[PDB]
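Shown here: paromomycin bound to 16S rrna.
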Amino acid sequence: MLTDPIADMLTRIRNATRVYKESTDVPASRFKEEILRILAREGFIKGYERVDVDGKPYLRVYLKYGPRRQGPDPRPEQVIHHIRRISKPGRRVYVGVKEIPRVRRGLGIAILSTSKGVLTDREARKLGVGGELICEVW
Amino acid sequence: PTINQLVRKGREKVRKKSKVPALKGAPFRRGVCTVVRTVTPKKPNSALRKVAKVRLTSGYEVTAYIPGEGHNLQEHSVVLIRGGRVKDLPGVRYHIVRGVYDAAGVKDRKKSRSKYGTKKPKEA
RNA sequence: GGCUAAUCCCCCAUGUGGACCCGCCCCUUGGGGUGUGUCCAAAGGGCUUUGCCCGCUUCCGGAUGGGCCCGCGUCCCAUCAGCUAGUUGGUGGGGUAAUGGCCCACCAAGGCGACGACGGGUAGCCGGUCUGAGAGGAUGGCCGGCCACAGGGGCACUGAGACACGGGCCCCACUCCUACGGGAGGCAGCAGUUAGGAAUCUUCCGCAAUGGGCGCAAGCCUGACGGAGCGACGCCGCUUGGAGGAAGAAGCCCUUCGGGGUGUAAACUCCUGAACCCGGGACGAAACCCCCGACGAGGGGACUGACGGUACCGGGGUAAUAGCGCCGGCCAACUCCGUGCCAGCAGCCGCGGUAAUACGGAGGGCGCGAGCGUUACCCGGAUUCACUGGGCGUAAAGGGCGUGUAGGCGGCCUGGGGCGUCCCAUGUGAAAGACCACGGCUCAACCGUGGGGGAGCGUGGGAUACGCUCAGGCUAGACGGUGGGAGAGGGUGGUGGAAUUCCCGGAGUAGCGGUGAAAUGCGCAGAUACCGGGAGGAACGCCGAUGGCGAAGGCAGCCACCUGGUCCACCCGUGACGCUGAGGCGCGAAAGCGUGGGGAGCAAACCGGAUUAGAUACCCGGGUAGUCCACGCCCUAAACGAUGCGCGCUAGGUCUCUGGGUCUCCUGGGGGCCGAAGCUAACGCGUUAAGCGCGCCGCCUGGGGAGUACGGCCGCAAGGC
RNA sequence: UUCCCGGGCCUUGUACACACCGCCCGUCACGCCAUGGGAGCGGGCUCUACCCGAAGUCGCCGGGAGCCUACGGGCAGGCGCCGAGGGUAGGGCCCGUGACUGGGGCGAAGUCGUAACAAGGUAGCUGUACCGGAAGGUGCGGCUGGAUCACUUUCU
Ligand SMILES: NC[C@@H]1O[C@H](O[C@H]2[C@@H](O)[C@H](O[C@@H]3[C@@H](O)[C@H](N)C[C@H](N)[C@H]3O[C@H]3O[C@H](CO)[C@@H](O)[C@H](O)[C@H]3N)O[C@@H]2CO)[C@H](N)[C@@H](O)[C@@H]1O
Ligand SMILES: [K+]
Ligand SMILES: [K+]
Ligand SMILES: [K+]
Ligand SMILES: [K+]
Ligand SMILES: [K+]
Ligand SMILES: [K+]
Ligand SMILES: [K+]
Ligand SMILES: [K+]
Ligand SMILES: [K+]
Ligand SMILES: [K+]
Ligand SMILES: [K+]
Ligand SMILES: [K+]
Ligand SMILES: [K+]
Ligand SMILES: [K+]
Ligand SMILES: [K+]
Ligand SMILES: [K+]
Ligand SMILES: [K+]
Ligand SMILES: [K+]
Ligand SMILES: [K+]
Ligand SMILES: [K+]
Ligand SMILES: [K+]
Ligand SMILES: [K+]
Ligand SMILES: [K+]
Ligand SMILES: [K+]
Ligand SMILES: [K+]
Ligand SMILES: [K+]
Ligand SMILES: [K+]
Ligand SMILES: [K+]
Ligand SMILES: [K+]
Ligand SMILES: [K+]
Ligand SMILES: [K+]
Ligand SMILES: [K+]
Ligand SMILES: [K+]
Ligand SMILES: [K+]
Ligand SMILES: [K+]
Ligand SMILES: [K+]
Ligand SMILES: [K+]
Ligand SMILES: [K+]
Ligand SMILES: [Mg+2]
Ligand SMILES: [Mg+2]
Ligand SMILES: [Mg+2]
Ligand SMILES: [Mg+2]
Ligand SMILES: [Mg+2]
Ligand SMILES: [Mg+2]
Ligand SMILES: [Mg+2]
Ligand SMILES: [Mg+2]
Ligand SMILES: [Mg+2]
Ligand SMILES: [Mg+2]
Ligand SMILES: [Mg+2]
Ligand SMILES: [Mg+2]
Ligand SMILES: [Mg+2]
Ligand SMILES: [Mg+2]
Ligand SMILES: [Mg+2]
Ligand SMILES: [Mg+2]
Ligand SMILES: [Mg+2]
Ligand SMILES: [Mg+2]
Ligand SMILES: [Mg+2]
Ligand SMILES: [Mg+2]
Ligand SMILES: [Mg+2]
Ligand SMILES: [Mg+2]
Ligand SMILES: [Mg+2]
Ligand SMILES: [Mg+2]
Ligand SMILES: [Mg+2]
Ligand SMILES: [Mg+2]
Ligand SMILES: [Mg+2]
Ligand SMILES: [Mg+2]
Ligand SMILES: [Mg+2]
Ligand SMILES: [Mg+2]
Ligand SMILES: [Mg+2]
Ligand SMILES: [Mg+2]
Ligand SMILES: [Mg+2]
Ligand SMILES: [Mg+2]
Ligand SMILES: [Mg+2]
Ligand SMILES: [Mg+2]
Ligand SMILES: [Mg+2]
Ligand SMILES: [Mg+2]
Ligand SMILES: [Mg+2]
Ligand SMILES: [Mg+2]
Ligand SMILES: [Mg+2]
Ligand SMILES: [Mg+2]
Ligand SMILES: [Mg+2]
Ligand SMILES: [Mg+2]
Ligand SMILES: [Mg+2]
Ligand SMILES: [Mg+2]
Ligand SMILES: [Mg+2]
Ligand SMILES: [Mg+2]
Ligand SMILES: [Mg+2]
Ligand SMILES: [Mg+2]
Ligand SMILES: [Mg+2]
Ligand SMILES: [Mg+2]
Ligand SMILES: [Mg+2]
Ligand SMILES: [Mg+2]
Ligand SMILES: [Mg+2]
Ligand SMILES: [Mg+2]
Ligand SMILES: [Mg+2]
Ligand SMILES: [Mg+2]
Ligand SMILES: [Mg+2]
Ligand SMILES: [Mg+2]
Ligand SMILES: [Mg+2]
Ligand SMILES: [Mg+2]
Ligand SMILES: [Mg+2]
Ligand SMILES: [Mg+2]
Ligand SMILES: [Mg+2]
Ligand SMILES: [Mg+2]
Ligand SMILES: [Mg+2]
Ligand SMILES: [Mg+2]
Ligand SMILES: [Mg+2]
Ligand SMILES: [Mg+2]
Ligand SMILES: [Mg+2]
Ligand SMILES: [Mg+2]
Ligand SMILES: [Mg+2]
Ligand SMILES: [Mg+2]
Ligand SMILES: [Mg+2]
Ligand SMILES: [Mg+2]
Ligand SMILES: [Mg+2]
Ligand SMILES: [Mg+2]
Ligand SMILES: [Mg+2]
Ligand SMILES: [Mg+2]
Ligand SMILES: [Mg+2]
Ligand SMILES: [Mg+2]
Ligand SMILES: [Mg+2]
Ligand SMILES: [Mg+2]
Ligand SMILES: [Mg+2]
Ligand SMILES: [Mg+2]
Ligand SMILES: [Mg+2]
Ligand SMILES: [Mg+2]
Ligand SMILES: [Mg+2]
Ligand SMILES: [Mg+2]
Ligand SMILES: [Mg+2]
Ligand SMILES: [Mg+2]
Ligand SMILES: [Mg+2]
Ligand SMILES: [Mg+2]
Ligand SMILES: [Mg+2]
Ligand SMILES: [Mg+2]
Ligand SMILES: [Mg+2]
Ligand SMILES: [Mg+2]
Ligand SMILES: [Mg+2]
Ligand SMILES: [Mg+2]
Ligand SMILES: [Mg+2]
Ligand SMILES: [Mg+2]
Ligand SMILES: [Mg+2]
Ligand SMILES: [Mg+2]
Ligand SMILES: [Mg+2]
Ligand SMILES: [Mg+2]
Ligand SMILES: [Mg+2]
Ligand SMILES: [Mg+2]
Ligand SMILES: [Mg+2]
Ligand SMILES: [Mg+2]
Ligand SMILES: [Mg+2]
Ligand SMILES: [Mg+2]
Ligand SMILES: [Mg+2]
Ligand SMILES: [Mg+2]
Ligand SMILES: [Mg+2]
Ligand SMILES: [Mg+2]
Ligand SMILES: [Mg+2]
Ligand SMILES: [Mg+2]
Ligand SMILES: [Mg+2]
Ligand SMILES: [Mg+2]
């Protein structure tokens with residue numbers, strides 16, 4: 001089995017985008033889906049949808065990129081330049097609202113998991129709560 | 001190492017070892033000169049350097065460089081040593097303070113006088 | 001021995017009350033109430049003397065101070081791994097203000113430890129302090145808090161309180177007194193002496209102020225303290241002058257010998273005027289007390305200054321200390337002379353052996369300035385122990401491999417709980433310090449007032465995504481079934497042919513052998529070469545590979561038996577049963593060791609022949625251990641892919657081994673090569689990762705000393721870890 | 001065109017770079033220094049057993065043996081447990097010194113050969129084992145981190 005399904009996902013995505021895949025499938029879990037929603041809403045992916053690869057539930061994650069480019073190497077810029085796991089089995093990271101980070105002076109996001117559900121570093125700061133710092137994305 | 005490992009063994013702090021067992025850390029130590037030889041520098045250099053075996057109050061005996069143009073240290077001179085090796089004479093790690101006790105200051109010195117115990121040239 | 005007072009001791013009484021035993025009630029560990037029984041009080045003094053003051057007794061409560069207990073936190077060494085008998089607990093006592101093995105009887109046989117017991121080292125802890133962007137590192141001096149000690153060890157007495165620094169008792173070491181029996185003493189109080197040391201002050205003034213003890217008070221005591229003294233030891237403030245002065249004195253230093261520099265710097269001119277001399281001269285000090293009032297509230301008056309004739313104000317008034325380091329790069333500042341691997345410099349790199357910006361001096365210059373340098377030590381830079389924030393193919397670093405304990409980590413869905421996690425409120429977080437603001441000394445240092453923070457912990461309430469836990473469910477992980485497959489995987493027994501050596505027989509004759517060339521050697525007791533027969537040991541040609549099997553080491557004729565791993569198909573069964581794995585256990589090439597056996601060939605040592613300058617080698621002829629088998633040890637290695645195991649993700653092309661399929665091709669497992677993206681110091685790696693990621697283990701931290709020494713463990717030893 | 005000398009181009013190995021007349025290894029000699037083992041002789045700690053045991057609290061006695069007494073009891077005194085400390089025997093650890101002894105680091109120009117680096121002139125390295133003035137040689141097995149296609153010959 002996978003030891004960390006969220007990191008598995010964050011990477012399937014990190015990988016897929018580096019070779020400009022169209023979409024990418026990841027085994028499904030409510031928690032994973034919950035993270036995609038933030039991912040979608042903040043405009044990092046085009047969105048996702050439940051599908052059934054073989055006989056088991058996955059989540060096509062439609063990736064998104066910038067426009068073709070000039071000079072050598074026309075490959076487009078990435079929407080997801082950076083996506084990294086923070087809390088991990090073996091080293092869970094929890095923060096208080098006063099301790100929620102600020103990814104790239106705001107140009108990026110942190111996805112916390114609170115008792116008020118999965119939120120971004122703002123949705124969390126707004127609702128005045130903290131929790132498990134899941135990852136940062138920019 | 002894994003975090004579990006750092007939790008199990010942790011990092012190990014670096015213990016810095018001295019280059020001046022002038023004991024008590026002390027800035028200086030007093031001693032009496034046993035021998036008052038001369039030594040040959042290593043490879044790149046050549047000359048007759050003035051050293052001095054010293055028996056310290058520290059309860060130690062070590063060679064100490066005698067800086068300056070010319071000295072006056074016999075076999076029973078009361079000397080004060082300080083840290084400071086001499087890169088050329090392996091084994092010499094301290095300097096005698098010219099201007100304290102028996103080791104007279106350097107004469108006709110006019111530049112770096114304080115470093116050689118030579119009082120401000122009289123007259124105007 | 002004798003006399004004697006009391007707020008000294010005792011007896012009887014009174015009993016608000018309180019203590020004790022027993023019972024009852026509430027309450028809940030010994031808290032509060034109630035009843036009977038018993039037990040327990042006291043001190044007088046002064047008067048402005050018959051009414052106040054000071055004091056006494058018992059009890060309840062407050063306030064302050066403190067004892068004991070508990071959670072969590074608190075350095076180094078595992079080259080310290082087992083520790084423990086009052087030890088762990090129980091019953092009953094003793095003891096105390098009080099719980100408790102605190103102590104004692106008796107009973108039980110427990111308690112502690114890799115989450116580091118026990119042992120060894122080191123050390124008062126904290127608020128804070130220094131450093132750092134922070135995290136962190138280092139640190140605990142002054143000041144404030146707690147602890148401990150008072151020559152060293154032990155002990156109790158008195159008391160609200162001590163096991164008592166200037167109280168007592170004993171032992172010990174020391175100093176002093178001694179009419180030798182025996183006594184006296186303890187500066188880690190202030191000041192001072194001496195010793196040690198690189199180094200740390202006055203045998204000062206005062207009790208005026210704040211604080212303390214006793215007293216009704218007057219007041220006494222206070223080396224606590226308030227001051228002064230010494231030391232640039234630190235911090236802050238200040239002075240050694242200000243303005244004008246030559247297309248620029250002299251001297252000195254360079255020079256292209258024209259001139260350039262020190263430099264408006266100096267002399268001079270004018271101005272101010274630190275020091276010093278006069279005059280004045282303080283805040284800190286208003287209470288205690290006395291008078292009025294009521295000994296209260298309130299009002300009034302008096303005394304009191306160590307610092308000190310100091311601060312400060314006013315008058316007068318001189319132009320009057322500058323040093324230290326550095327100038328090759330890092331690093332700001334350059335020239336002449338001197339010296340010639342010398343004398344010397346040196347933080348690192350290095351500099352000096354005839355024209356040295358690096359040694360020494362001088363001129364000039366940079367830096368800083370009552371200081372400047374040096375040494376020592378702490379943090380920094382050092383993401384160089386990397387939590388923030390590092391690494392291990394070839395740089396130091398993957399454990400020789402497996403099995404597996406603890407531990408760390410854990411797929412999808414639902415539910416309860418709410419330990420972690422998060423939120424709110426609240427308490428706590430002393431003062432000083434730190435931060436901000438305003439303010440007091442002419443400023444500042446310093447100081448006052450005020451404000452703002454703060455992690456952690458306690459309490460109450462709340463949330464439930466993630467982690468945890470419990471309960472239920474699932475099949476995508478893992479395992480199992482059925483049917484197929486490939487293989488030098490392992491163990492035991494048997495067995496085949498080639499060759500070498502030896503022995504026997506035949507036939508045959510002068511050499512064979514060996515090298516660069518030779519010789520030693522073997523051969524007429526007939527060798528070599530050839531044929532036939534026999535014995536024995538060891539190893540398996542071709543197939544054979546660029547191949548296969550195994551966890552590694554490793555595994556190769558053929559046959560049988562016993563036995564391990566593994567791949568594919570079918571989706572059949574279980575239902576997260578998983579990954580990793582400190583220690584443990586097992587395996588582990590060669591050489592080597594022990595016992596016994598074997599011994600053809602080969603061959604350390606060794607014996608000889610050559611070679612060479614020598615030749616304890618290379619070459620040649622011999623040859624013992626060993627190489628082989630059994631059993632038992634050893635436990636190493638370039639034990640290598642120099643690449644730990646597992647899982648998911650990220651172009652392809654090509655060769656190949658083994659399986660399945662609709663069999664040009666597809667699909668699974670393994671072995672190679674070239675390469676996408678990406679990674680890498682580069683080389684290179686690249687679905688067989690050295691890519692992108694998660695989990696767990698092992699390991700690295702400059703080189704030599706050294707895989708050494710010591711210790712421990714293991715081994716018969718060699719020697720291993 | 002094999003060989004000797006000089007040279008040109010490509011390639012390969014290299015530990016060389018005032019560049020093979022390069023580099024470099026170990027023994028030994030000389031000097032300075034730190035250090036291991038170590039008979040014995042000193043100093044210290046600690047633990048076990050047995051023995052002696054001050055002060056003091058506590059316990060028992062306190063009697064025709066003492067003092068007080070309102071006869072209840074108190075004090076003196078005595079004995080005992082514990083007890084600082086000391087002694088003896090043994091056990092373990094540390095420390096100073098130490099005859100004798102092992103190797104090590106460092107020090108311009110001493111000695112011996114030539115092991116390594118190029119196929120280093122016998123490829124090297126390696127674990128082990130024996131042997132040798134020294135580097136090292138040889139045996140067995142392993143590795144590639146070995147050059148090309150297939151007499152011997154030191155040094156600077
Ligand atoms: N210090 C080197 C160590 O000892 C040995 O080396 C030592 C000796 O072999 C060596 O001696 C050399 C000699 O080899 C060479 N052929 C001649 C030279 N004169 C000697 O030199 C030695 O002695 C002289 C005085 O005579 C000193 O001035 C010099 O500094 C010193 N190294 O000097 C070393 C001592 O300094 C090891 N071989 C070496 O691997 C190890 O690292
Ligand atoms: K009397
Ligand atoms: K009563
Ligand atoms: K009270
Ligand atoms: K109280
Ligand atoms: K209390
Ligand atoms: K008890
Ligand atoms: K930080
Ligand atoms: K600290
Ligand atoms: K500390
Ligand atoms: K601290
Ligand atoms: K009073
Ligand atoms: K009054
Ligand atoms: K004045
Ligand atoms: K002047
Ligand atoms: K000259
Ligand atoms: K020169
Ligand atoms: K110069
Ligand atoms: K100079
Ligand atoms: K540092
Ligand atoms: K290794
Ligand atoms: K091992
Ligand atoms: K729940
Ligand atoms: K700070
Ligand atoms: K709280
Ligand atoms: K092969
Ligand atoms: K042997
Ligand atoms: K064998
Ligand atoms: K064995
Ligand atoms: K097929
Ligand atoms: K590259
Ligand atoms: K290559
Ligand atoms: K040992
Ligand atoms: K042994
Ligand atoms: K061994
Ligand atoms: K020829
Ligand atoms: K050696
Ligand atoms: K009696
Ligand atoms: K190399
Ligand atoms: Mg030189
Ligand atoms: Mg120094
Ligand atoms: Mg100088
Ligand atoms: Mg009397
Ligand atoms: Mg009563
Ligand atoms: Mg009651
Ligand atoms: Mg009652
Ligand atoms: Mg009665
Ligand atoms: Mg009474
Ligand atoms: Mg009266
Ligand atoms: Mg009790
Ligand atoms: Mg009690
Ligand atoms: Mg006890
Ligand atoms: Mg036991
Ligand atoms: Mg101490
Ligand atoms: Mg830092
Ligand atoms: Mg700071
Ligand atoms: Mg800090
Ligand atoms: Mg203090
Ligand atoms: Mg003393
Ligand atoms: Mg009292
Ligand atoms: Mg006292
Ligand atoms: Mg005390
Ligand atoms: Mg005293
Ligand atoms: Mg002295
Ligand atoms: Mg006073
Ligand atoms: Mg007073
Ligand atoms: Mg001039
Ligand atoms: Mg002027
Ligand atoms: Mg004037
Ligand atoms: Mg008074
Ligand atoms: Mg009156
Ligand atoms: Mg009155
Ligand atoms: Mg008044
Ligand atoms: Mg400069
Ligand atoms: Mg000259
Ligand atoms: Mg000279
Ligand atoms: Mg010169
Ligand atoms: Mg210059
Ligand atoms: Mg310089
Ligand atoms: Mg650091
Ligand atoms: Mg890290
Ligand atoms: Mg590194
Ligand atoms: Mg390496
Ligand atoms: Mg390995
Ligand atoms: Mg395993
Ligand atoms: Mg497990
Ligand atoms: Mg889970
Ligand atoms: Mg678990
Ligand atoms: Mg909770
Ligand atoms: Mg709080
Ligand atoms: Mg505070
Ligand atoms: Mg002000
Ligand atoms: Mg304040
Ligand atoms: Mg907070
Ligand atoms: Mg709470
Ligand atoms: Mg709930
Ligand atoms: Mg749950
Ligand atoms: Mg379940
Ligand atoms: Mg099968
Ligand atoms: Mg086989
Ligand atoms: Mg045969
Ligand atoms: Mg014959
Ligand atoms: Mg015949
Ligand atoms: Mg013959
Ligand atoms: Mg004949
Ligand atoms: Mg014969
Ligand atoms: Mg024959
Ligand atoms: Mg035959
Ligand atoms: Mg035979
Ligand atoms: Mg394999
Ligand atoms: Mg192999
Ligand atoms: Mg099988
Ligand atoms: Mg099924
Ligand atoms: Mg089922
Ligand atoms: Mg073996
Ligand atoms: Mg063997
Ligand atoms: Mg044998
Ligand atoms: Mg044998
Ligand atoms: Mg035999
Ligand atoms: Mg032979
Ligand atoms: Mg010969
Ligand atoms: Mg031979
Ligand atoms: Mg290999
Ligand atoms: Mg792909
Ligand atoms: Mg392929
Ligand atoms: Mg493949
Ligand atoms: Mg294939
Ligand atoms: Mg293969
Ligand atoms: Mg590329
Ligand atoms: Mg390149
Ligand atoms: Mg490749
Ligand atoms: Mg992978
Ligand atoms: Mg290691
Ligand atoms: Mg080292
Ligand atoms: Mg070192
Ligand atoms: Mg080392
Ligand atoms: Mg070894
Ligand atoms: Mg053994
Ligand atoms: Mg030629
Ligand atoms: Mg040519
Ligand atoms: Mg040409
Ligand atoms: Mg080339
Ligand atoms: Mg060439
Ligand atoms: Mg010794
Ligand atoms: Mg006794
Ligand atoms: Mg007694
Ligand atoms: Mg008695
Ligand atoms: Mg005793
Ligand atoms: Mg060789
Ligand atoms: Mg050679
Ligand atoms: Mg060679
Ligand atoms: Mg040669
Ligand atoms: Mg050879
Ligand atoms: Mg060779
Ligand atoms: Mg080689
Ligand atoms: Mg060998
Ligand atoms: Mg030999
Ligand atoms: Mg070999
Ligand atoms: Mg040569």
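Letters A, B, ... are given to chains in the order of the sequence lines, protein chains preceding strands, and every chain is numbered from 1. The analysis underlying the following values was restricted to heavy atoms, covering all of them including side chains, and did not include hydrogens, waters or symmetry mates. The displayed model is a subset of the deposited entry, and contacts were enumerated within the subset. Counting convention: from 1, in listed order, for ligands and their atoms alike. This entry, so its header tells us, was determined using X-ray crystallography, 2.5 Å.
Here, the model contains paromomycin as ligand 1. Other chains, heavy atom under 4.0 Å from paromomycin: D.
In this structure, the binding site of paromomycin at 4.0 Å (heavy atoms) is formed by D:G26, D:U27, D:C28, D:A29, D:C30, D:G105, D:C106, D:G107, D:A108, D:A109, D:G110, D:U111. The source organism field of the entry for RNA chain D says Thermus thermophilus.
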